[PDB]
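Figure: etomidate in its bound pose on Gamma-aminobutyric acid receptor subunit beta-3.
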Amino acid sequence: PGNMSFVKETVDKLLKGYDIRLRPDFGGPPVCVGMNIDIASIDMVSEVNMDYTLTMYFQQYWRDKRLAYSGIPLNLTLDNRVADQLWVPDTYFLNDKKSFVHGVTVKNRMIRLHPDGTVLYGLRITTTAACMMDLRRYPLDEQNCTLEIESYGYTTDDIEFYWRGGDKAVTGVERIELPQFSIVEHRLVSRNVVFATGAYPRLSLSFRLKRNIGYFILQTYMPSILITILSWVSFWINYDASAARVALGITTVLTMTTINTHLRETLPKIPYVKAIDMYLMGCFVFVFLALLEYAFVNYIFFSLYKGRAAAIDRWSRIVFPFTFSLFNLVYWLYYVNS
Amino acid sequence: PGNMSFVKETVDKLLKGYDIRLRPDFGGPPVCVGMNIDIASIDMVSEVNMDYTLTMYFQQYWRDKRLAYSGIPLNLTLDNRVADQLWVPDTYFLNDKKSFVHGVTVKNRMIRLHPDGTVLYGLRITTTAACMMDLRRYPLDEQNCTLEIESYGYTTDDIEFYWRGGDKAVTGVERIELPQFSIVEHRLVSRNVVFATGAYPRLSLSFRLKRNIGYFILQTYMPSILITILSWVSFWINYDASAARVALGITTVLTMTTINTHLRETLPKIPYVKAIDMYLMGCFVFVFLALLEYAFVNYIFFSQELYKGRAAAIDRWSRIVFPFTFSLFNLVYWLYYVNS
Amino acid sequence: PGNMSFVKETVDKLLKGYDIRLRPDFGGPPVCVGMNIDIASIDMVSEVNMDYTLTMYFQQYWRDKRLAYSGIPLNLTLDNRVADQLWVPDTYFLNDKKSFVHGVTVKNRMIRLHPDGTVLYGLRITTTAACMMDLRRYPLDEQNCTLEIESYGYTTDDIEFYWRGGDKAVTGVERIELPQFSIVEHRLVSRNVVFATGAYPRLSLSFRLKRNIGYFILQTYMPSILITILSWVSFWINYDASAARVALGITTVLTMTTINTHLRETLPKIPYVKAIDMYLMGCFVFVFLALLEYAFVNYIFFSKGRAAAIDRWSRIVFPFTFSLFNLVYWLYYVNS
Amino acid sequence: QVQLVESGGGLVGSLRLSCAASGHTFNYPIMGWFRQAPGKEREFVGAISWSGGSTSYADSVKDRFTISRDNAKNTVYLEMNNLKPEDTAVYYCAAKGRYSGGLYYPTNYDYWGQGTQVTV
Amino acid sequence: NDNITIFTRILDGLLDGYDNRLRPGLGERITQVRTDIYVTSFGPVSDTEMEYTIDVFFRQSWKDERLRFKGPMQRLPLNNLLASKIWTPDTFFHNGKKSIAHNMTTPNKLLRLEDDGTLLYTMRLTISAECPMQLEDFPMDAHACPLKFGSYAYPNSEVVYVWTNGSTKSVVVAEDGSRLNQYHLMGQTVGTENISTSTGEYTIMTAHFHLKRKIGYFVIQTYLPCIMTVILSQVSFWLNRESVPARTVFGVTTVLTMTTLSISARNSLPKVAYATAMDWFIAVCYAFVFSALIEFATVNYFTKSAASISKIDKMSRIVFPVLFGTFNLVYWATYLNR
Amino acid sequence: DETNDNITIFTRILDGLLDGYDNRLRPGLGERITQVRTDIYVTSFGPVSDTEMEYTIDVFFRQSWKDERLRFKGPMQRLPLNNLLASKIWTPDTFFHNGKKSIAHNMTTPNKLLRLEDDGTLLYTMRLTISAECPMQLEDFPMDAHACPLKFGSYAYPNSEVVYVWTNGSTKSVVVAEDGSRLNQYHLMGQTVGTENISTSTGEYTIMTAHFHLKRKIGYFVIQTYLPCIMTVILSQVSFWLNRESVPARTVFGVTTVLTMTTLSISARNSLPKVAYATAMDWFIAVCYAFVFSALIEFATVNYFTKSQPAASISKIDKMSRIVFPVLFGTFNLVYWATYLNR
Ligand SMILES: *[C@@H]1O[C@H](CO)[C@@H](O[C@@H]2O[C@H](CO)[C@@H](O)[C@H](O[C@@H]3O[C@H](CO[C@H]4O[C@H](CO)[C@@H](O)[C@H](O[C@H]5O[C@H](CO)[C@@H](O)[C@H](O)[C@@H]5O)[C@@H]4O)[C@@H](O)[C@H](O[C@H]4O[C@H](CO)[C@@H](O)[C@H](O)[C@@H]4O)[C@@H]3O)[C@H]2NC(C)=O)[C@H](O)[C@H]1NC(C)=O
Ligand SMILES: *[C@@H]1O[C@H](CO)[C@@H](O[C@@H]2O[C@H](CO)[C@@H](O[C@@H]3O[C@H](CO[C@H]4O[C@H](CO)[C@@H](O)[C@H](O[C@H]5O[C@H](CO)[C@@H](O)[C@H](O)[C@@H]5O)[C@@H]4O)[C@@H](O)[C@H](O[C@H]4O[C@H](CO)[C@@H](O)[C@H](O)[C@@H]4O)[C@@H]3O)[C@H](O)[C@H]2NC(C)=O)[C@H](O)[C@H]1NC(C)=O
Ligand SMILES: *[C@@H]1O[C@H](CO)[C@@H](O[C@@H]2O[C@H](CO)[C@@H](O)[C@H](O)[C@H]2NC(C)=O)[C@H](O)[C@H]1NC(C)=O
Ligand SMILES: *[C@@H]1O[C@H](CO[C@@H]2O[C@H](CO)[C@@H](O)[C@H](O)[C@H]2NC(C)=O)[C@@H](O)[C@H](O)[C@H]1NC(C)=O
Ligand SMILES: CCOC(=O)c1cncn1[C@H](C)c1ccccc1
Ligand SMILES: *[C@@H]1O[C@H](CO)[C@@H](O)[C@H](O)[C@H]1NC(C)=O
């Protein structure tokens with residue numbers, strides 16, 4: 001029975017002579033360490049840092065025959081500091097950038113023994129994981145980011161990993177909602193990874209981050225569209241007022257580049273051109289041609305010529321909307337259907 | 001008895017009487033500590049702070065005859081908490097600014113013994129290594145960044161470092177993901193450094209980082225080129241537009257100054273002119289010169305057939321003069337920073 | 001003779017059987033922990049963080065009659081590790097946000113026994129203490145804020161505090177001054193505080209900063225005044241030239257907004273009008289009226305002597321009322 | 001899933017091969033060239049990193065073969081220079097994940113080409 | 001006289017045969033941990049990160065029958081180095097993300113032992129915790145920021161938490177504690193829950209702090225700029241229609257002001273996708289500032305192409321301010337009386 | 001030499017060496033003054049921060065002394081002890097009076113050295129990154145010079161107990177690695193070392209001190225601040241070649257230059273702490289702003305007098321001011337630079 005002294009002496013007997021340096025069944029078949037996770041929160045996702053932060057409860061199961069006990073029906077729960085006295089696996093996350101076991105009040109670890117010797121070792125972790133992204137479709141993009149788990153020291157000759165519960169082993173991801181993304185899908189994998197030192201077991205968790213387009217419509221496309229069409233107001237300004245159309249056009253150019261720099265304020269200095277950059281280039285091209293059209297009109301007006309200027313103004317009044325419509329059609333069809 | 005308790009007895013008999021304060025063969029010949037690295041990633045390379053954050057698996061491998069065991073054919077893989085109870089090399093990186101061994105779950109360390117006493121010991125490390133950069137050619141520059149591996153307490157007559165595997169002693173160079181750079185090559189070197197306290201062995205791992213101009217050519221050079229081209233439209237606007245001729249020139253001047261300012265809050269306060277500053281200087285001089293040329297079209301037209309012909313000829317010239325001069329300047333600049 | 005061998009066993013005598021869990025005179029009257037401080041320097045005082053960073057030497061004195069000795073004439077200084085083997089008070093700073101005891105070569109601690117048992121325990125500390133600033137008068141504001149020193153666990157019937165030497169207990173405050181502030185005054189206090197778990201002794205060190213106005217003359221007031229006066233150039237530009245008359249004033253308006261934003265962004269999201277908010281809004285009103293006055297004359301002239309007949313007044317009305325504005329502002333904030 | 005196709009192998013000299021990738025090639029930033037023959041375990045030949053160009057080769061072909069990546073066609077090419085008779089093998093092309101292990105070991109490569117033969 | 005050593009002997013008589021790995025009454029009874037909180041200072045709230053930081057004395061109490069003692073004094077304030085030897089609960093915060101257990105000059109912990117064996121254990125903590133804000137109504141939003149904590153390893157079958165005074169008077173905020181510059185802490189609500197996880201069912205303690213945002217900042221820093229930019233755009237209807245350059249300057253420069261203001265405003269907030277109540281105000285101000293320039297363009301068309309256009313400016317001078325005032329009034333009504 | 005028994009004899013002799021030994025006491029506590037000869041080798045100086053008024057320095061900090069408990073005789077004279085053993089042996093508790101923050105590097109074993117001669121002489125070395133407070137003066141901001149000090153001494157033991165002496169003498173006892181310095185904006189003109197007795201609230205202590213003489217390099221500010229302001233003054237005076245019939249041009253051009261000066265004046269101070277006074281660069285900014293504003297006042301009066309009094313001597317001003325303003329600005333420059341190449 002669970003008499004206080006009896007439990008004390010039973011546990012002392014278990015640990016008396018227990019060796020930390022040797023893993024369970026040393027020299028024999030591997031330790032089958034079952035893995036289990038309970039996602040608490042994906043704190044952030046960052047393109048500028050090419051990483052995401054994740055808080056979770058991380059559990060591990062194995063049987064160590066040296067800890068089998070009888071005469072006690074309880075699945076004993078012990079103070080977490082027993083972890084420093086027992087053998088615990090060397091599992092670590094390959095692609096983490098920085099991580100820490102939460103230490104509030106007392107370090108967030110769990111150890112619970114079972115009569116058959118099974119050990120449930122669990123601890124709460126916040127981890128920043130590296131995931132560089134395919135930004136080429138920036139506002140319309142979809143990302144795959146993963147958490148890679150391996151044993152640092154013990155190879156497949158000593159340790160084996162498996163998801164305890166199979167496809168059900170990770171939970172809480174169904175309740176994760178993000179400002180910028182939504183988790184379309186998550187998939188669990190198990191595989192062996194081979195280095196020069198030997199074959200090391202791996203488990204990996206992956207998320208399909210589909211981006212929400214809502215944000216960029218609000219902050220980027222609305223301003224750029226409104227300032228683009230504002231540039232066409234020049235054709236509604238008579239060329240008799242020669243000094244006003246230049247001010248209008250150059251103001252639109254200034255505003256367009258000012259909007260562009262705000263994106264560069266919030267992005268990695270990545271080389272290639274992104275779809276957002278392509279859209280900004282198109283809008284800036286239309287603004288630039290709107291200004292150059294007044295310059296051309298003023299050339300023709302001084303080089304019947306009033307009629308030519310008015311005809312060019314009307315032709316632009318029609319064609320600039322038409323050309324911009326063609327641009328928009330091609331842009332959205334291409335970046336949606338591709 | 002048994003194949004578990006036998007290994008336990010072997011290990012305890014090894015660590016019975018082992019002295020952690022003495023290096024292997026203390027007082028005898030030096031200890032040849034082979035080592036090799038596997039690169040995990042380079043998080044960033046910073047011009048503002050002149051450093052780069054390297055992450056890696058760092059391995060060390062040496063003989064220690066006090067840990068020889070017999071009968072057992074296994075390469076014992078002991079729990080890493082035993083490494084706190086053995087002698088390990090005093091290795092360190094001189095140029096590191098700040099580093100740490102990854103500590104989640106259990107501190108990321110591996111230690112593996114072998115029957116003939118040789119030990120393997122490895123760590124996963126993230127180090128913010130310093131790297132002074134020659135930004136005179138920025139952004140067309142390339143940088144050499146290094147990691148200086150060295151033993152602190154023990155001299156050249158106590159330790160001997162060497163790259164295990166020689167040329168192949170560093171791997172994972174092709175999984176470094178830097179947007180702005182591409183590692184042209186990496187090179188491995190070994191040396192003896194000398195201080196007032198004696199000679200020491202040093203191993204140098206170095207990267208030659210070539211920058212990718214794709215970001216700047218699109219983000220800072222193209223807008224400057226377009227603004228300079230915009231500045232020329234004043235030479236197509238007829239000179240009667242006195243207010244607009246000014247407005248264009250002054251707006252382009254202020255826009256070049258603005259393209260300048262967006263750089264200065266993202267770079268170190270270097271005291272010398274860089275290539276980017278040379279290009280911005282030249283383009284700004286072009287816009288300022290266009291503005292001055294408009295000023296001396298206006299002066300000659302209104303105040304001083306000189307009132308007609310001089311202004312007409314100057315305006316007609318500008319439309320070809322400025323494109324030609326800017327093309328010459330651009331060609332000279334790019335061949336100055338590419339061909340020589 | 002061989003004193004090195006004797007003081008060894010004397011210190012062993014002191015530490016043998018020493019129960020670290022129990023405070024001096026446990027069960028008896030409290031232990032009187034007198035305190036000294038030597039202010040090293042005060043790092044950034046911050047509005048955006050609402051705190052200040054203070055580096056200091058902090059000393060504590062008490063008798064632990066379990067440590068008395070008579071065979072040695074020395075004021076026996078010991079290696080700092082002994083601090084982890086003796087009992088030391090549980091003093092802490094209630095209003096610190098982040099702090100650390102310095103260790104460069106070794107952890108900065110001092111233990112100095114004496115024959116009568118007195119123990120002098122000193123530390124070098126950097127502490128980031130909260131400082132709730134009243135920014136309503138910014139930048140013409142003084143800022144009292146303190147460091148609150150208290151015993152965490154031992155109540156007033158177990159530990160007592162006092163300042164050693166009274167008002168002279170804190171030194172270095174006469175020497176430190178900041179770029180943005182000057183230490184007008186400092187005051188030392190002692191009192192009790194009562195929680196649900198009992199009454200505790202309190203020591204607190206209070207400063208009274210006063211801000212330096214030079215940076216605000218450089219950035220805030222002079223650019224605003226210059227832009228306001230530049231706006232008055234409109235009244236002298238011809239009122240037929242509408243493009244210039246407008247561009248001038250509207251550019252001054254945009255400049256007012258631009259100089260406001262780049263000075264407000266380095267300051268917390270405080271929801272009330274600062275003194276410089278009043279100054280900036282007054283200057284903005286002046287500039288906005290300078291522009292809307294051109295709008296008025298351009299309307300009225302077209303719907304005649306009515307144009308010059310109020311511009312010739314505006315030329316004097318603007319500077320006079322702006323002078324009145326400054327006269328009331330400075331005397332309202334500075335002298336009252 | 002990423003899918004790959006090979007082309008260029010044949011009978012003799014010097015020779016060149018090409019491996020074209022399709023699909024989610026971003027999640028597989030590295031491509032490796034292996035080879036195999038009757039009576040032989042699969043052998044490594046070389047590797048390449050998309051957009052980086054930083055190759056590595058097996059010591060048996062080092063300084064003869066080279067690998068390069070056409071990132072626009074999403075294709076990689078191996079220069080099989082200065083053939084020697086032992087180079088007769090089927091030169092499987094394969095792709096490697098972001099965080100898999102060593103490059104010299106076939107088990108780390110997920111998606112595989114159809115294995116063009118080469119003969120000398 | 002002997003009080004300094006009698007208790008040495010007593011305490012050494014309590015700690016021999018003791019085992020801190022086993023919770024008190026492991027088999028016989030449930031361990032009821034009486035607890036309460038004292039928020040010495042509250043805030044700040046970082047809505048750009050969705051966390052809020054709270055400073056607190058966190059107090060706990062229970063009976064360990066092993067520590068029941070007799071002596072001349074009926075309770076003992078003891079050094080914190082003793083707290084490591086006694087069993088103390090593993091309480092942790094479910095929604096915390098980064099916390100500090102203050103350690104200045106000593107670990108900030110308080111341990112007292114009654115002669116009954118009852119322990120009182122206290123410690124000063126600073127916790128940065130997640131808050132689930134909804135920002136659809138930004139300028140006049142309100143929040144309930146929770147603080148949820150409970151045992152990490154021991155389930156409800158073993159250890160249960162109870163508020164010390166039961167009623168809401170078991171959580172307290174210091175009178176001078178508010179370090180919120182941007183919020184009012186309107187109130188609090190205290191409760192308990194039985195959560196279920198992959199380790200058992202835990203008895204969670206829950207506390208909610210109710211926050212409402214202070215609108216004072218945004219009035220002067222964002223609403224006055226938008227309203228004043230509309231006014232600056234509106235005054236251009238009193239300019240004579242022949243002054244085309246100035247009429248153009250007013251419109252384009254106020255549009256630039258609106259664009260920069262809008263970009264700056266949403267530089268805050270955690271980059272969420274939906275439009276808040278501030279977006280629906282900035283967008284309407286932008287609508288007026290843009291339609292003003294379009295109206296000027298229509299005038300400058302018709303006045304130079306001739307027609308009976310003189311009505312349009314006189315009617316615009318009425319319509320634009322009237323419509324903007326109507327919108328402002330109804331908007332502020334629908335978000336104040338929300 | 002004797003490799004089989006060398007480990008055994010030295011573990012035995014060392015255990016005999018530090019049994020009964022205790023680190024709680026100085027070597028010769030009751031009998032002598034302990035002398036801790038010290039030395040420093042600066043691996044890399046800098047960077048220096050004006051906004052924090054600090055500088056960061058990386059050093060091998062070296063100490064030596066005689067401990068009489070530790071004399072021994074054996075098969076070799078000097079022992080390269082493992083740095084773990086410094087925990088058991090007494091070592092001086094030096095601390096840097098100016099230190100804001102520091103790292104005693106801790107990576108792959110502490111970066112720390114311990115050696116022991118058979119005559120008892122210890123040597124003890126370690127790697128430190130030291131961020132130290134510097135009381136810099138900014139009245140001449142882009143053209144000032146600094147002497148940022150380093151000061152350190154025993155924390156606990158007064159001058160009666162422990163005294164510090166430079167190892168190789170003041171003229172050789174601190175060294176700088178020329179190949180490693182991290183200064184970008186400054187130049188370390190030279191360094192010098194001295195000693196002091198400080199009286200304190202806890203007795204009298206001895207300080208070793210080394211001063212680093214830093215001279216700022218103006219090059220960054222010439223091209224970033226001075227050049228734009230000079231030429232914006234020049235630009236604002238380009239107004240004078242436009243004929244005054246173009247009133248909108250003569251207005252907007254000057255107004256734009258004044259706006260440029262405003263932004264330059266406000267922005268350049270992002271590199272400086274919030275001092276209580278104007279620097280020399282601020283005098284330059286003030287005078288450049290004065291000239292750019294006078295280039296606008298010129299038109300403010302010309303545009304008036306050209307229509308209020310069309311027998312006015314106002315057409316003269318496009319001559320007199322045009323030729324004079326550059327002259328006055330040039331003489332200002334030739335006073336300013338002449339001053340601050342001396343001052
Ligand atoms: C985010 O990114 C990931 C890519 O980085 C996406 O895909 C996953 O990526 C991982 C690697 O990161 C990849 O392993 C995984 O593919 C499954 O892997 C399983 C393990 O395969 C390994 O072990 C097998 C042991 O039996 C072995 O068969 C495999 O090699 C042999 O088989 C393959 C496949 O036939 C041959 O090409 C190869 O030559 C070898 O002969 C390998 O060593 C595996 O179980 C699984 O299914 C395969 O295997 C089954 C058993 O043979 C077959 O029945 C089945 O038909 C398959 O052949 C996969 O191969 C993929 N996962 C997927 C689904 O593609 C993540 O999906 C992405 N996440 C999100 C959320 O978007
Ligand atoms: C910065 O900001 C802080 C915070 O606002 C300021 O801190 C305050 O400083 C004042 C002094 O300027 C403090 O008051 C003084 O406190 C002491 C101690 O009083 C306490 O202890 C006494 C026993 O030791 C006890 O009798 C007191 O209780 C009586 O008085 C209080 C207050 O009047 C009253 O509420 C009670 O009912 C009692 O009547 C109290 O617990 C005291 O010495 C000071 O003067 C009193 O006592 C002396 C004799 O000792 C006598 O001569 C005086 O006439 C007077 O009776 C004085 O009360 C105050 O406690 C501090 N407050 C806090 C919250 O810390 C600080 O001053 C500011 N500094 C600067 C530089 O601006
Ligand atoms: C610091 O103080 C010590 C004494 O505390 C000084 O050393 C003494 O110097 C005087 C001459 O000035 C000698 O007569 C004494 O004999 C010295 N004392 C001893 C014990 O030898 C020391 O010179 C002072 N240092 C400085 C730089 O002022
Ligand atoms: C959490 O669960 C406990 C469970 O306690 C049992 O409750 C059932 C139903 O009322 C009762 O029949 C059992 O006797 C109870 N057992 C014990 C040992 O008390 C509830 O008591 C709590 O109220 C639950 N908490 C909340 C917040 O609902
Ligand atoms: C009340 C009159 O309007 C303004 O002051 C006003 C409107 N848009 C901008 N401003 C100014 C720049 C301002 C903003 C914030 C604080 C102080 C002053
Ligand atoms: C807090 O101080 C205690 C003193 O025993 C120490 O054990 C612990 O490591 C310290 N923690 C930190 C974070 O400094």
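The chains referred to below are lettered A, B, ... by the order of the sequence lines, with proteins before strands, and numbering in each begins at 1. Below, each value reflects all heavy atoms present in this structure, side chains not excepted, and no hydrogens, waters or symmetry copies. Looking at the header, which is where the method is noted, we find electron microscopy, 3.3 Å. First listed ligand is number 1; within each ligand, the first listed atom is number 1.
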Is it possible to name all ligands or chains that make up etomidate, including repeats?
ligand 5
Enumerate the other chains with heavy atoms less than 4.0 Å from etomidate.
C, E
Could you tell me which residues in chain C that UniProt says bind histamine have heavy atoms under 4.0 Å from etomidate?
none
Check each UniProt transmembrane segment of chain C from the N terminus and list those with a heavy atom under 4.0 Å from etomidate.
2, 3
Check for other ligands or ions less than 4.0 Å from etomidate and list them.
none
Pick out, from the UniProt benzamidine-binding residues of chain C, those with a heavy atom under 4.0 Å from etomidate.
none
What entity name does the entry assign to chain E?
Green fluorescent protein,Gamma-aminobutyric acid receptor subunit alpha-5
Mind listing the residues near etomidate? I'm using heavy atoms under 4.0 Å.
C:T257, C:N260, C:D277, C:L280, C:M281, C:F284, E:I220, E:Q221, E:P225, E:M228
